[PDB]
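Here we have a structure that includes azithromycin.
We number chain A the same way the PDB entry does; the residues here are 1-100, 104-276, 280-293, in that order. Computed over heavy atoms, backbone and side chain alike; hydrogens, waters and symmetry mates excluded. Counting starts at 1 for both ligands and their atoms, in listed order. Method reported for this entry: X-ray crystallography, 2.2 Å.
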Amino acid sequence: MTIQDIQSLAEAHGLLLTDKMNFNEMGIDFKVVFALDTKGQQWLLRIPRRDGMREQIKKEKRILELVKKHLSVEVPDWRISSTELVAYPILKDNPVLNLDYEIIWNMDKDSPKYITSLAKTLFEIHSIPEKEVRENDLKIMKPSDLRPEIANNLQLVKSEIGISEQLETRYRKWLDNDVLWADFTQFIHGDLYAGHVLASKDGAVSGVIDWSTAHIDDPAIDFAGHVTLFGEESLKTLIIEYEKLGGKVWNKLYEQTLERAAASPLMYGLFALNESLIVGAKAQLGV
Ligand SMILES: CC[C@H]1OC(=O)[C@H](C)[C@@H](O[C@H]2C[C@@](C)(OC)[C@@H](O)[C@H](C)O2)[C@H](C)[C@@H](O[C@@H]2O[C@H](C)C[C@H](N(C)C)[C@H]2O)[C@](C)(O)C[C@@H](C)CN(C)[C@H](C)[C@@H](O)[C@]1(C)O
Ligand SMILES: Nc1nc2c(ncn2[C@@H]2O[C@H](CO)[C@@H](O)[C@H]2O)c(=O)[nH]1
């Protein structure tokens, strides 16, 4: 999309933009634009790639309104949120990392403030009450629903895209160990990793950016994005700090997280069902 097209689309929503912008396509279903308005204010624009996304946009608007109350980090403040344009003022800090693909870290990987601040944020997110989640017509998995639905995902992935025989055995084992699965499921961001976490250079986590995925689900899923990028020792430090704050853990949180992470290619496939290049990338990461 051209700058002038973007300017016109924003002007159709009463947002008057300069021609100074930069772009981000690392996202999946929306086009992202860093824009600047005629008043000097920096904006983040999310342009739906497709028509018919109204229900997702409304859902995420609800989620942001809901989580805004319960957190001490910034979240996007949607000022425009039609089916044609989502827009909010850019948040305070830049993401911990960017991806081209290739990781471009923006803070020191070993930043210790990141662990304590991230643990605080995970605690706040995971404290949000279930009645509010359900009120907002959000998806509610409960631990009884967890295992057979992941079984269904195995089913729909193996035949549709193929699965590694080793990948299949692990996933069947993981569903097997009743010990790994938590007694309790709590509201989760659902798409949480350093690329969606905003922080200063010292690693103090200022904000969380993409909330469309958030629903009540297993706690480990919020943990897994972290262990993939910072490693297992980091993860353990995060678990500790998280518990110290008062976060609901169980005896196998760490290992369940490890299994969630290992199950990345599986949930990759199932969400891919869409694009042939994403199906290609999965198929590789799965066989
Ligand atoms: C540490 C860097 C790596 O990062 C990761 O591995 C992440 C922790 C991983 O994420 C991990 C962890 C976790 C918790 O997501 C944060 C989990 O849901 C998934 C499936 O895998 C990402 C976010 C996944 O992308 C997520 O795939 C979901 C199915 C949809 C979701 N979004 C669009 C709603 C999307 O962000 C994905 C499936 O890996 C994207 C895929 C298309 C491209 N990957 C293969 C790249 C090359 C990555 O390997 C990586 C960038 O090099
Ligand atoms: N600096 C910054 N980047 C953002 C913000 N919102 C989204 N992004 C980027 O846009 C991508 C898709 O949402 C993210 O992965 C970030 O890189 C924001 O408020 N600030």
* Name every ligand number or chain letter assigned to azithromycin. => ligand 1
* **Partner of azithromycin with most atom pairs under 4.5 Å, per the PDB entry** => Macrolide 2'-phosphotransferase
* What are the atoms of azithromycin, with element, lying closer than 4.0 Å to any heavy atom of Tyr104? -> 47 (C), 52 (O)
* Asked: Non-hydrogen atoms of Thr216 versus azithromycin: any pair closer than 4.0 Å?
  -> yes
* **Heavy atom of protein inside 4.0 Å of atom 42 (C) of azithromycin, strictly below** => yes
* Based purely on interatomic distance, does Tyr196 place a nitrogen or oxygen under 3.5 Å from a nitrogen or oxygen of azithromycin? -> no
* To do: Using protein heavy atoms only, decide if any is under 4.0 Å from atom 13 (C) of azithromycin.
  => no
* To do: Could you tell me whether atom 35 (C) of azithromycin has a protein heavy atom closer than 4.0 Å?
  => yes
* Identity and separation of the nearest protein heavy atom to atom 19 (C) of azithromycin -> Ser267 OG, 3.2 Å
* Asked: Can you check whether a protein heavy atom sits less than 4.0 angstrom from atom 38 (C) of azithromycin?
  -> yes
* Asked: Using a non-hydrogen cut-off of 4.0 Å, what is the binding site of azithromycin?
  -> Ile28, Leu99, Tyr104, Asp194, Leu195, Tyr196, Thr216, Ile224, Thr231, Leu232, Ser267, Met270, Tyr271, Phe274
